[PDB]
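Here, mirogabalin is shown bound to Voltage-dependent calcium channel subunit alpha-2/delta-1.
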Amino acid sequence: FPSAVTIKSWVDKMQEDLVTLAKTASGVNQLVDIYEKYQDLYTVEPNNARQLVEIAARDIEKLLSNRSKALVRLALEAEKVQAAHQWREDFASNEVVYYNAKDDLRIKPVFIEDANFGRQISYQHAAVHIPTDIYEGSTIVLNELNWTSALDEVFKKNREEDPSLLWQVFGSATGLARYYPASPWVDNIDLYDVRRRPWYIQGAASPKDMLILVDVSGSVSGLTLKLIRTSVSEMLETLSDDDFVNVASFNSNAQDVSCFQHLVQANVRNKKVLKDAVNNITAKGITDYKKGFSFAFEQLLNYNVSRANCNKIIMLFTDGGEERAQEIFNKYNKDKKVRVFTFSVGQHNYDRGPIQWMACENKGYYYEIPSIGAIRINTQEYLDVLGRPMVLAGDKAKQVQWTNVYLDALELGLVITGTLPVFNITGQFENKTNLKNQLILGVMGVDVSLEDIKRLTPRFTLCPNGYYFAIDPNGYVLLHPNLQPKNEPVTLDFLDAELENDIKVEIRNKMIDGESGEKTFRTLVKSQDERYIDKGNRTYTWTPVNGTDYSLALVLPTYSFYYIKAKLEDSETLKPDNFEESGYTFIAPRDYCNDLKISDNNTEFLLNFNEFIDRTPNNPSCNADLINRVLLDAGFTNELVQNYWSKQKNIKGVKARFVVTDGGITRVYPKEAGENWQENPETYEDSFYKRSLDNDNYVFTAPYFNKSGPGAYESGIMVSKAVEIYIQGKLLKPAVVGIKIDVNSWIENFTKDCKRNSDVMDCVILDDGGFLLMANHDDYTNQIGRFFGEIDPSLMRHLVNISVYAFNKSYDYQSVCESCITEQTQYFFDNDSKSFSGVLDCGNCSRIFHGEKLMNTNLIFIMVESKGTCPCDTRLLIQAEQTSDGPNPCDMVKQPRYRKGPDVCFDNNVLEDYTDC
Ligand SMILES: *[C@@H]1O[C@H](CO)[C@@H](O[C@@H]2O[C@H](CO)[C@@H](O)[C@H](O)[C@H]2NC(C)=O)[C@H](O)[C@H]1NC(C)=O
Ligand SMILES: *[C@@H]1O[C@H](CO)[C@@H](O[C@@H]2O[C@H](CO)[C@@H](O)[C@H](O)[C@H]2NC(C)=O)[C@H](O)[C@H]1NC(C)=O
Ligand SMILES: CCC1=C[C@@H]2[C@H](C1)C[C@]2(CN)CC(=O)O
Ligand SMILES: *[C@@H]1O[C@H](CO)[C@@H](O)[C@H](O)[C@H]1NC(C)=O
Ligand SMILES: *[C@@H]1O[C@H](CO)[C@@H](O)[C@H](O)[C@H]1NC(C)=O
Ligand SMILES: *[C@@H]1O[C@H](CO)[C@@H](O)[C@H](O)[C@H]1NC(C)=O
Ligand SMILES: *[C@@H]1O[C@H](CO)[C@@H](O)[C@H](O)[C@H]1NC(C)=O
Ligand SMILES: *[C@@H]1O[C@H](CO)[C@@H](O)[C@H](O)[C@H]1NC(C)=O
Ligand SMILES: *[C@@H]1O[C@H](CO)[C@@H](O)[C@H](O)[C@H]1NC(C)=O
Ligand SMILES: *[C@@H]1O[C@H](CO)[C@@H](O)[C@H](O)[C@H]1NC(C)=O
């Protein structure tokens with residue numbers, strides 16, 4: 001431990017060496033000089049966030065309006081055809097002809113392949129879906145097959161007028177599903193009912209302030225207990241993420257099963273914790289109805305918590321109950337706002353009389369659940385009886401409702417769909433019966449893919465840091481770079497998606513529910529890897545969409561306010577046989593032109609690209625801006641490689657050199673050094689590019705540890721720095737460059753006290769995130785590129801608590817583990833100080849350390865005495881996708897995120913029949 005001045009000198013020498021090597025071997029100056037010297041084949045253009053937000057909002061409104069129009073016409077035609085149906089019985093004479101999918105491949109279809117639909121499709125016929133439990137050959141379904149045989153013409157008309165429709169289906173209470181571009185069922189067993197789907201259920205009823213009141217007496221233990229638990233689980237599954245629910249189990253007293261005590265949003269986390277709670281039921285005691293309904297009613301009368309102010313109902317799960325509990329029904333229901341849905345799960349000798357009487361005297365309905373067979377079917381019927389006010393409202397109630405993003409059930413990715421209910425509109429010029437008009441015939445919907453939405457989002461005209469994201473009133477995100485499936489609808493809150501900050505909370509709480517404005521603020525930015533974060537400032541611009549409840553926002557860091565494009569008009573430089581002279585080329589598989597296809601193999605893709613370019617700027621239907629950009633970018637990169645990298649054939653310390661750039665061209669000077677390139681050729685999706693755009697200094701990216709593929713000694717350490725240009729006075733950051741540092745050279749030049757082969761002191765260097773990059777111990781350097789906490793936790797904890805390092809812990813619910821919650825920890829530099837000293841103590845012994853950050857880099861040099869003298873490992877610091885369960889769902893419902901609800905709800909209709917008991 002020589003001295004602070006000695007450490008100063010050592011750090012100064014190391015920083016000067018590393019910075020001069022990176023700068024010289026990268027040629028950032030040369031690249032900026034090329035850009036600024038040309039300055040005539042391109043043209044910088046303003047990126048007006050407000051204007052682009054408005055344009056995207058109008059386009060998305062127009063698309064959704066088109067879909068709504070199609071859905072409306074389909075519903076009207078269905079209404080007419082069902083109105084004029086003669087309802088025959090004998091179908092022997094007229095053999096009903098229809099294509100039944102999932103059969104042994106009625107019609108023998110041709111099934112021609114087409115684009116935009118990965119599977120074989122047909123257009124002349126539509127396909128019919130039948131759940132396996134539903135029996136065909138009965139008149140009860142064959143009447144539906146008949147009257148729905150007339151929707152094919154309207155399907156064809158929709159597809160003809162607008163060729164961009166993805167899908168269109170009709171779901172009836174019978175169980176049929178007719179979707180137009182007839183494809184074989186994906187199943188080459190399945191519990192698929194069209195009724196048991198989010199898109200069906202959303203349109204079949206209104207949002208509800210529902211409660212479950214489980215009977216938990218001593219008599220409901222065993223087979224009936226498991227039956228009731230399964231029934232409650234499936235009722236929760238039936239419930240959506242715009243409703244509110246609790247489950248109380250009255251046992252001489254209305255105790256709460258869970259830790260909420262008031263109505264909660266019933267999103268995925270609440271659902272899961274409630275499933276755990278209802279799986280941990282203990283049933284021992286007697287029955288007392290009065291307390292249960294009193295507790296439920298005072299929960300339903302809160303009006304201090306976040307609720308929808310909509311169809312408040314109560315569902316009772318009981319085995320046997322004779323109490324009338326009429327002192328809580330007769331008096332405290334002048335508003336008549338409760339619907340008691342009394343169930344009967346399992347087998348019991350107790351009288352059904354009071355149960356059915358309570359069911360049909362409190363505006364609700366009665367059900368009987370004998371076994372597991374009926375739980376899947378006899379659970380969904382409450383939506384039919386909640387739809388009675390909706391059908392009575394009729395034209396007012398007929399509105400299109402869009403769902404959240406979810407995994408398409410036949411492998412087309414993430415899709416949102418519309419919905420519209422279909423009635424017995426049958427003779428209302430006289431209004432003869434109107435008795436079965438209460439029951440809904442079914443719903444129908446049209447699908448739009450997030451690919452179609454993102455086609456309206458030109459993400460390639462700005463920096464990779466910039467992006468579009470859209471949010472719903474519930475607060476979930478519609479589009480986001482971080483929005484990825486796992487294979488359950490994809491649920492991702494805005495705060496959950498991006499970083500969490502008071503300014504973001506404020507903008508969501510204040511100016512997203514129909515307001516327009518902008519705000520520039522400084523907040524942390526999470527790197528694309530789960531390794532790094534960085535400080536920066538951004539401005540968000542948002543507008544409301546008039547057509548739909550959704551809202552759109554745009555993100556623009558204050559260096560992508562402008563963008564660069566090609567001013568009007570080297571192609572042979574992108575040729576594999578010329579790689580040995582022009583670097584090893586990758587090209588980003590962007591949708592450059594409609595003729596070509598995504599060919600991620602990328603070498604046949606590169607030859608395809610250059611072949612198509614050879615086969616002519618005419619471009620009848622060929623995207624010109626991207627082609628111009630990539631050609632200009634390839635010109636710049638090739639000139640760099642020819643004029644700078646060619647002169648120095650090889651350098652002892654420089655294992656490789658590279659460049660990525662806006663347009664999608666990346667080049668490695670040796671083909672041998674390009675063979676072991678592992679990063680994808682999409683410029684916008686590699687992490688180090690974004691990292692270098694964010695940072696103002698050289699960024700050192702640690703290699704991975706314990707991974708297949710040689711990336712430690714035969715690849716080296718990767719450095720990066722973004723290029724900055726000034727044309728008329730405003731900053732632009734087109735590209736980044738970098739090199740590969742030879743590990744052996746770095747060892748032997750770091751050896752320049754800090755001798756090896758001994759355990760007295762450690763001389764170790766880190767970066768922003770505590771990843772090891774160099775060591776002299778000869779046992780740390782073998783395990784290079786791994787988190788410093790996993791090898792030396794005591795010193796890392798001392799650094800964290802002395803606050804040279806800060807950390808955030810994001811939670812990513814969308815992940816694959818072997819639903820899965822990942823604790824993503826990111827360490828970073830917080831304080832703007834470059835000198836740290838002190839003594840860390842583990843008890844009997846002591847250790848002296850002195851760290852100093854390297855200037856113009858994200859590196860820090862730490863000197864400390866060896867751990868041979870001080871055995872100290874309290875707990876191991878690990879930095880990975882942790883298997884955890886956080887935050888606590890009991891505590892975050894007390895202060896829930898701000899939410900807005902629909903203004904239109906249909907409950908308490910004046911003239912409902914409800915005569916059936
Ligand atoms: C509502 O639609 C149903 C079919 O889904 C109709 O049910 C049949 O209606 C005819 C004529 O009204 C009766 O002769 C049948 O016996 C009915 N079926 C059953 C099972 O009884 C129903 O009529 C429709 N409502 C109206 C007013 O037409
Ligand atoms: C090892 O460190 C030495 C300096 O201590 C570096 O030597 C310089 O190398 C650059 C080119 O890389 C030359 O332009 C300088 O003139 C050299 N200076 C001196 C004093 O030798 C060397 O680059 C380092 N090598 C590695 C592998 O990092
Ligand atoms: C069951 C037949 C169909 C329903 C439409 C389409 C075809 C699958 C569908 C659109 N995503 C609903 C669903 O995904 O379950
Ligand atoms: C919407 O419909 C109009 C008219 O039917 C059509 O011109 C247009 O291409 C459709 N699609 C979009 C996204 O506007
Ligand atoms: C329904 O079936 C009858 C024969 O049972 C047939 O005459 C009638 O045309 C069918 N309805 C249609 C095609 O709408
Ligand atoms: C970021 O932007 C804000 C507002 O425009 C500004 O006050 C702040 O100084 C900026 N950050 C830096 C690094 O200057
Ligand atoms: C759409 O909403 C914006 C938001 O304030 C409003 O200014 C505009 O007038 C609305 N346009 C229509 C046609 O409703
Ligand atoms: C990519 O395409 C080339 C065609 O030259 C082929 O040799 C190679 O095996 C392909 N790579 C993969 C991973 O399939
Ligand atoms: C490295 O990987 C192998 C297999 O994946 C495993 O057995 C071993 O424990 C790992 N070593 C370390 C240090 O993580
Ligand atoms: C995230 O980092 C910021 C910046 O220092 C800090 O104020 C905040 O408390 C951190 N949050 C978590 C969850 O660690």
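Throughout, numbering of the chain's residues begins at 1 and tracks the sequence. Determined via electron microscopy, 3.2 Å. Below, all heavy atoms of this structure are taken into account, side chains as well, without hydrogens, waters or symmetry copies. Numbering of ligands and ligand atoms starts at 1, following listing order.
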I need every copy of mirogabalin for my figure - which ligands or chains are they? ligand 3
Which residues lie close to mirogabalin, i.e. with a heavy atom under 4.0 Å? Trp167, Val169, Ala177, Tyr179, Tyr192, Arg197, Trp199, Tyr406, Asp408, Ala409, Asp447
